[PDB]
Q: 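One structure, pasted below without further comment.
Naming convention: chains lettered A, B, ... in sequence-line order (proteins, then strands); numbering from 1 in each chain. The figures that follow rest on heavy atoms only: side chains count, while hydrogens, waters and symmetry mates do not. The header says X-ray crystallography, 2.0 Å. Both ligands and their constituent atoms are indexed starting at 1 by order of listing.
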Amino acid sequence: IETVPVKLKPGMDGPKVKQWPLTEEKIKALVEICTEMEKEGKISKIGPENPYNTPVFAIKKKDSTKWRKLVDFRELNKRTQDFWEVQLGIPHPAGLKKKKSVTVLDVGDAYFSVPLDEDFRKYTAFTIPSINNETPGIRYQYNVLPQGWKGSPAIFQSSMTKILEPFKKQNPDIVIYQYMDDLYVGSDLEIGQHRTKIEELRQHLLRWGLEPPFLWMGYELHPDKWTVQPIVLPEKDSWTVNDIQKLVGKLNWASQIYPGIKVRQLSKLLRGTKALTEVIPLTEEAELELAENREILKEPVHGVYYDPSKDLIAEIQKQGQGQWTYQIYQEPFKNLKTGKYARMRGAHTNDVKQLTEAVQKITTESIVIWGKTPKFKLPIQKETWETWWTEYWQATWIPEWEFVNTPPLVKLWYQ
Amino acid sequence: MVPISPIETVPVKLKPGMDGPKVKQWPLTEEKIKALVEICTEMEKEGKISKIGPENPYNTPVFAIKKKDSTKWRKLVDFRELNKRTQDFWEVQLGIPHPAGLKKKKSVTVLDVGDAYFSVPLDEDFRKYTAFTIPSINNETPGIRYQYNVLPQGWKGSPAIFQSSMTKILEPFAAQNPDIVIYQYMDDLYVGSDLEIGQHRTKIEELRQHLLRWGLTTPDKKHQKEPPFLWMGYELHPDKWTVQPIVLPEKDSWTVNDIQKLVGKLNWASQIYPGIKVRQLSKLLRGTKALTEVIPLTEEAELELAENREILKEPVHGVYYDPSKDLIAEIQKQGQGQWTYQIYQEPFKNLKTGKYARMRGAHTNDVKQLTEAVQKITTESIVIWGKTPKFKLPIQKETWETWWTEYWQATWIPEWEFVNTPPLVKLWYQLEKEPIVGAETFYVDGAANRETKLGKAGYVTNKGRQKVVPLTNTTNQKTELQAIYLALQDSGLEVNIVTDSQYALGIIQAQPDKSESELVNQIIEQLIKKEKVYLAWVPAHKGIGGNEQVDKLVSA
Ligand SMILES: Cc1cc(/C=C/C#N)cc(C)c1Nc1ccnc(Nc2ccc(C#N)cc2)n1
Ligand SMILES: Oc1ccc(Br)cc1
Ligand SMILES: [Mg+2]
């Protein structure tokens, strides 16, 4: 109830980000939401002396009919000071990714109970646009901690730890992690049990609150069933020239990741100028080289380490048939995680919706494992992505992304 | 008197670290000084400016200009320096309404609110920065010093602070009168409605009563401006809209500047005149920006000009938006990377038209271009109407399904239906997913010496067919494409091709149907004539048979 002083970083002005076009349905939803936020004192109208702006839109969280306002504070978060005053940073819990059940709760509504430093509010300005710019956009700023701002969990930290103390003391094996507006709660209990402790946890903040519109929801994960993708080679009784060519190609690629990979004996099978569909018997030197390569590929990659000071990078490949592969790394050929999806939901005829869901799942994975979001290299043209991703977005955070315009050969080796 | 509600002041600051202006007042003739003194005395009488003491250290120069063909003088306070030092504001006018998003109105009345413009109070703490000085006669007395109390014309914040003040005054009226629309342009309010003229004229009276609460008087002698309105280059009528007259000049010789202004008019016209084209005319301004240079119009550009003149022969109008009906957008391919479209709700009554041009790129194809045009219309339609139109596209449903399922990128086009109007967008070739049984296998390679630019391209096949061609003024990348071309030229209708060129596979994997490179274009031509093509990649210099043999033939 007393404001924490907040600053931007040195020699850095506030965000001046253009509001992108919003559909009629999202505008009307935001008008209704902001009218009731203004009545509750959460936001106030601002004048033309404030030239700052952050984009806003609206989403529907997974399995909900009600619109949620989502501010894209990515620029403000970059330009906001770093909060290491009381804590250099809560260390990231490495045990969260090892629990059988992790449920994600939207606790962002709790932030609205803390006032925002009156000198910093101007930088949270946003605009509700009108269709065809026929009426002046409605200009607001925040009077309280906004959802999506990196400073909100930091300033509210002190308050959150004290709200959760009774639950943490009574349930010591539970790992609770806070990222932006999300609360990740992991346990090793039977899901029936699990859901009941989550419900117990929801009560602690309704009690303290005494209403949050989305606190009742629950996004359940299972990071111990998480799968990874080692490099595997085909097992065949009949190898065509083409098969062996693809094998040597894949092995050549793997040799950038694994030192001792060899292809000399396998290349030796191709000697001559043969039809691609001709069957080639493996000699025993080629079978041994191949077996030796298989055993190399069952060991971990050498010299792979996470550094919290460097960016995480996520690459995604479209494999077809609703299948997507992805890798997370900081240094080339030093993958920290790899994976594959196929269960993309209600998007059998929409690649962009599938990709958007993959980006969200990968980002969720990254939050649980390292506590931060990766920078995505997306296999999509920027104009297609920018026109549609907001239509399928259901998370309360937004990662960073760049566009891949040249087809990678590596797609073949991850399929 | 009747109490008036005051206009609250917007707090204004100078840019951080910047102080106010201190600009020397230029010497003036005795006749301009007496003109400025009388002008400023009446401004002072009206509360616009106030005389200040000598303590204020700031100053902005003032000038006297003759309204031409008049013995009347006019004041000009040059705020250029203060504007450089004044903070940035929020600008609402950046987005201009598109006429095609407006709604039909039976009546539109115009009200003059100039009284309000020159009567919005200025932040008390900022007034000092607006100080100016009338020089004294013969410089024998101190100049007369004044500062502004109202919003100064020519000051950076005056347009934004006026608009915001007016909007705040009007919001209660608009909210409680949802049957009318109000728009502020310059010092005029435009009020439109569908009501009966009497119910409408009452609303106007009511709006005048509301404005009088802030002391804002509106001329009783109603405005002279009436439909049609000339606005932002458009003509607005009650039930239709268009662009102001587009007149393409006759010229025996054309210069850079003339072509720029011709293309500008064509671009402006293309939002309601269907089919406008500007590719060949824009090609003339490639690279060069010497406004006085003459460029001979090519035959292609004369045809495009002639085609545009016949499109612009006679007026065309757009209709307004009916929210109760769906939006339809239809696209046609025009050639040379040009696309045109029309957006309508009832047949033959366009809301607006437009065009899209191929983005700069080494290689491209029609499907990618059609996709980009759809995204552009989608985004434009969200802006103007807040919704995506249903699309009518010259591409078969089967062609789109094959393209999206097999393309290496994610891609998507919103709800659409095939419209069978040539030229249709199609896939010109499709590579095989598996090697072809019974088809000859061509192992291709090329190489070039980086010094002399001498190279070789060629192939060897499983049937013993071989070719190597010596090349001049070439590069490794060019010889790799030439090798693939030779394999296509010398093979039958089905062919397997094995290359080690990552460069060549990057290009072909992108599925171009036309290219900047005539060599890629020759490859595309050959691909189109095949029945089946399987392209296989192998890593170089790894002892792979076929690939090893031809590599040594070409790098010799
Ligand atoms: C943008 C705008 C410019 C002018 C005018 C600016 C100037 N000069 C006048 C008005 C009233 C508006 N605002 C809106 C809002 C919604 N529908 C309309 N439809 C509409 C507007 C004018 C005519 C006419 N004639 C017909 C329909 N206008
Ligand atoms: O009374 C008013 C005069 C001008 C403006 Br702008 C707003 C209110
Ligand atoms: Mg070679």
Q: What drug from the list vamorolone, artesunate, padsevonil, vorasidenib, rilpivirine is seen at ligand 1?
A: rilpivirine
Q: Please provide the name that the PDB entry uses for the chief contact partner of rilpivirine (ligand 1).
A: Reverse transcriptase/ribonuclease H
Q: Can you tell me which other chains reach within 4.0 Å of rilpivirine (ligand 1)? Heavy atoms only, strictly under.
A: A, B
Q: Could you work out, for atom 13 (N) of rilpivirine (ligand 1), the closest of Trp231(B), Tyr183(B), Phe229(B) by heavy-atom distance?
A: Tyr183(B)
Q: Does even one non-hydrogen atom of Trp241(B) get within less than 4.0 Å of rilpivirine (ligand 1)?
A: no
Q: Do you know what name the PDB entry uses for chain A?
A: p51 RT
Q: Could you tell me whether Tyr185(B) approaches rilpivirine (ligand 1) through its side chain, its backbone, both or neither, with non-hydrogen atoms closer than 4.0 Å?
A: neither
Q: Just to confirm my output: which protein heavy-atom neighbour is closest to atom 5 (C) of rilpivirine (ligand 1), and how far is it?
A: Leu236(B) CD1, 3.7 Å
Q: Identify, by atom number and element, the atoms of rilpivirine (ligand 1) in contact range of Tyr320(B), meaning under 4.0 Å from any of its heavy atoms.
A: 23 (C), 26 (C), 27 (C)
Q: Identify the closest protein heavy atom to atom 19 (N) of rilpivirine (ligand 1): which residue and atom is it, and at what distance?
A: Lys103(B) O, 2.7 Å
Q: Which heavy atom of the protein is the closest neighbour of atom 16 (C) of rilpivirine (ligand 1), given with residue, atom name and distance?
A: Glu134(A) OE1, 3.7 Å
Q: Between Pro227(B) and rilpivirine (ligand 1), is there a nitrogen or oxygen pair with a distance under 3.5 Å?
A: no
Q: Return yes or no for this condition: an N or O of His237(B) is under 3.5 Å from an N or O of rilpivirine (ligand 1).
A: yes
Q: Among all protein heavy atoms, pick out the one at the shortest distance from atom 14 (C) of rilpivirine (ligand 1); state its residue, atom name and that distance to 0.1 Å.
A: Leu102(B) CD2, 3.8 Å
Q: Could you tell me where the covalent bond from rilpivirine (ligand 1) goes, residue and atom please?
A: none
Q: Starting from atom 9 (C) of rilpivirine (ligand 1), find the nearest protein heavy-atom neighbour and note its residue, name and distance.
A: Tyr190(B) CB, 3.5 Å
Q: Binding site of rilpivirine (ligand 1): which residues fall under 4.0 Å, heavy atoms only?
A: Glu134(A), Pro97(B), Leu102(B), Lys103(B), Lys105(B), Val108(B), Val181(B), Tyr183(B), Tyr190(B), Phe229(B), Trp231(B), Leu236(B), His237(B), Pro238(B), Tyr320(B)
